[PDB]
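Consider the following structure, which contains epratuzumab.
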Amino acid sequence: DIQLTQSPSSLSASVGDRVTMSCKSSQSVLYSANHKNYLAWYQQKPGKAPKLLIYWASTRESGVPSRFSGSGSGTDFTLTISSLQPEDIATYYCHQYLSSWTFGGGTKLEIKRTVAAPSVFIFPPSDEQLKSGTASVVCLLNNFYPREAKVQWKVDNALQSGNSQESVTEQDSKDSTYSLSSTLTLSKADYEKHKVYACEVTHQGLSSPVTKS
Amino acid sequence: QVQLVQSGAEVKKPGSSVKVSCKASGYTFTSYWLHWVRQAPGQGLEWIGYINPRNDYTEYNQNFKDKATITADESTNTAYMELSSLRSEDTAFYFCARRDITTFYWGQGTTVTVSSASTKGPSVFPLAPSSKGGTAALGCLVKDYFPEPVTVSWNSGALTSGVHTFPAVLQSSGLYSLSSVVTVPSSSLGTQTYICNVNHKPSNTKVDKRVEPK
Amino acid sequence: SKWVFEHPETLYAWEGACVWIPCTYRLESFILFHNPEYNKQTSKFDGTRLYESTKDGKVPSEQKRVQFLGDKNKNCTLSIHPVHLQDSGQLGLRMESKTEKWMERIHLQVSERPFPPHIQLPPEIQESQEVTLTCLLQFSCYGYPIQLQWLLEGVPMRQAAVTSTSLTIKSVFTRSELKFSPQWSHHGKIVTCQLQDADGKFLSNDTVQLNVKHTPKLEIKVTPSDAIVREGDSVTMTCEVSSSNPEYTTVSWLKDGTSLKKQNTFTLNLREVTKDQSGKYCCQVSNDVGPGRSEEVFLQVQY
Ligand SMILES: *[C@@H]1O[C@H](CO)[C@@H](O[C@@H]2O[C@H](CO)[C@@H](O[C@@H]3O[C@H](CO[C@H]4O[C@H](CO)[C@@H](O)[C@H](O)[C@@H]4O)[C@@H](O)[C@H](O[C@H]4O[C@H](CO)[C@@H](O)[C@H](O)[C@@H]4O)[C@@H]3O)[C@H](O)[C@H]2NC(C)=O)[C@H](O)[C@H]1NC(C)=O
Ligand SMILES: *[C@@H]1O[C@H](CO)[C@@H](O[C@@H]2O[C@H](CO)[C@@H](O)[C@H](O)[C@H]2NC(C)=O)[C@H](O)[C@H]1NC(C)=O
């Protein structure tokens, strides 16, 4: 029942910046015998297993670049990346391994850039798809920063819940933006039961929520 | 040389069970605990439990006592993790791992996907561009396919600017659905034909689809 | 019939060490073969000959690699110093008395590298119960002394270890037994047994990740720890587990020795408190071993 709280959940920072991230344990992980803190730091890339960076909270494992360093003891720990490199974009986890194993919530590291509002597009279902018996409406959010955005579907001013799915791209390697696609799916009768179909997009770069209808 | 090798991808129907293997190489299998770690899509690493391969003693996360059963076989240097009553929230990456005194060793991971589906090819429907200031967006909706590996390219690979193929989503029907869009100059609307090339090898489905503006 | 022999059935060593082979039996010449093969065609045993008792002027023992330490009436013990990988296989003791001849075979398994020991632990270790952890190595030879060292997380374990050596016809081994009083915190730690030669140099080792049963250990927290609580205020206490082996079943809260009704979660919230809520609070988390309780928090309500 030993929880680990990592903060912040996500960092955005410049290339060349020095980055730190903290891991606080609700109970001590310092072992009484070898006075070692049983906390470790991992780097995880998508689809791959986490790669160990620090063990016993301060020892960098073999061949790990010197920019990564772990510090702290007891209940407070910090992982430091002295000079952020483009290859260090990943999610980082802390891990205590005294008896059982618990992990931190993770710290997603991204590149910071100028705030860019999303271009909002909406696509009505095709007649080809209607012939199949289903209607999917697609909302497209193109090239925005930061990643935090909210997509709410409205059908005749009725907000939707539980009938849509979204997917977000990785941070683009050339303009450091994200793209989001959201698909709302209704049966044909329910689709023909209403008139206005819209996605409302709220984002930091938008002074007011934008609605495409 | 010291490496953990896990079994292959798994597709199970809901209510079924699944048993993932973890083979140990290059060390004494009974000398270290063997853990299992879960990572739901979009989430972090969550500990499931461990087995001591020397006396078969097991401990679990509180939330997995009704779910996971970890066993081991010293004659095959293989540890196992069985999931009991499958639901949608069981779709995840599963890792087996162990600790040494100075380092960790992790398996390559195994995906457990829960769906009632069978190998099915996708339907490719156009995302038609319209007037609804010099840029317009069009794409293809690659819907109702299983399993996930589909590839989308535009103009046989000759169009790469403005393109984003989105990560597939797993619908409640157990079938995947994916959107791939292109941002183009609005004056090109109507001219310079746009065709999405969809390939799903598990079903041997290849679909080219012209996206025409209404 | 006319020969009885007694010796271990398999003897273990590694390249560069020595083997000392206890042997008794119940003689005109002794010859030690390696993998003796009888040729029916030439009516003779063929194969490499490791020792000939007949060669006169045979130098004192320690100036030879293969040494016969036995007698003419009871003793057939052998010594190989140094022992080699190519010595691995079957040692054929070809003995001749005045009428009869005999070929006794002893297995010598030589590993390229020093083989590891094997730790034997009790199936049940619990906190503050003394147990003897055992490390067993199937090798001993007078010319090649060795030692066994117990490590805790790679660190030379502080307790005294007891080493004993058996070199008999029944078994050949070196054993170390270490007694120590495990605590809750040994559970999940790595105990190693390192086999060394005289110098503190690594040859092989065996390893275990201790499984130590213990009642739950608890850490209690309180929100207004730094400050004042008068009447009406809110107070939050939390109950944290440090470890428990096996897993815990329930949690309970007690106030001045009495268990609080319907307070079986890991958070105690006293909101809109009265002075009557003053007293000594603890939590109780239960194991299959038994219950553990945290320290007491004495909440004094001010007015
Ligand atoms: C066939 O005939 C051979 C003839 O050699 C017998 O070989 C003898 O084997 C015995 C044991 O089997 C040997 O005894 C050992 O001697 C070593 C040296 O003795 C002392 O060494 C110094 C002083 O020089 C002291 O510091 C030391 O403490 C010894 O007192 C020791 O290393 C051995 O001691 C260890 O083992 C014995 C029991 O195994 C324990 O009592 C000790 O405490 C310690 O653990 C041991 O004493 C003897 O040396 C060999 N003979 C000769 C001439 O060297 C074979 O045994 C015999 N075969 C059969 C089957 O009987
Ligand atoms: C116990 O034995 C293992 C295996 O021989 C030792 O691990 C080796 O350590 C050396 C250097 O320390 C490395 O070069 C090898 O690659 C390691 N091998 C393996 C398989 O891990 C270990 O050092 C020994 N001692 C302890 C305390 O574990």
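Convention: sequence-line order gives letters A, B, ...; per-chain numbering from 1. Hydrogens, waters and symmetry mates play no part in the numbers below; they use all other heavy atoms, side chains included.
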Exercise for the section: Name each chain or ligand corresponding to epratuzumab, including duplicates. Expected result: chains A and B
Practice task
Name, as UniProt does, the macromolecule that epratuzumab contacts most in this entry.
Solution key: B-cell receptor CD22
Exercise for the section: State the epitope of epratuzumab on chain C; count heavy atoms closer than 4.5 Å. Expected result: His118(C), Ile119(C), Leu121(C), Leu152(C), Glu153(C), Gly154(C), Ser185(C), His186(C), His187(C), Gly188(C), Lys189(C), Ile190(C), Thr192(C), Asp206(C), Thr207(C), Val208(C), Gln209(C), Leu210(C), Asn211(C), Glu219(C), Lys221(C), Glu240(C), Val241(C), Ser242(C), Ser243(C), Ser244(C), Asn245(C), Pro246(C), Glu247(C), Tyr248(C), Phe266(C)
Exercise for the section: Show the antibody residues of epratuzumab that contact chain C with heavy atoms under 4.5 Å. Expected result: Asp1(A), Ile2(A), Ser26(A), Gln27(A), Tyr31(A), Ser32(A), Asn34(A), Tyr38(A), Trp56(A), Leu98(A), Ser99(A), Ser31(B), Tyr32(B), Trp33(B), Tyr50(B), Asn52(B), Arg54(B), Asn55(B), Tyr57(B), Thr58(B), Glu59(B), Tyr60(B), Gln62(B), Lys65(B), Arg99(B), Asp100(B), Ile101(B)
Exercise for the section: Please indicate which organism the PDB names for chain C. Expected result: Homo sapiens
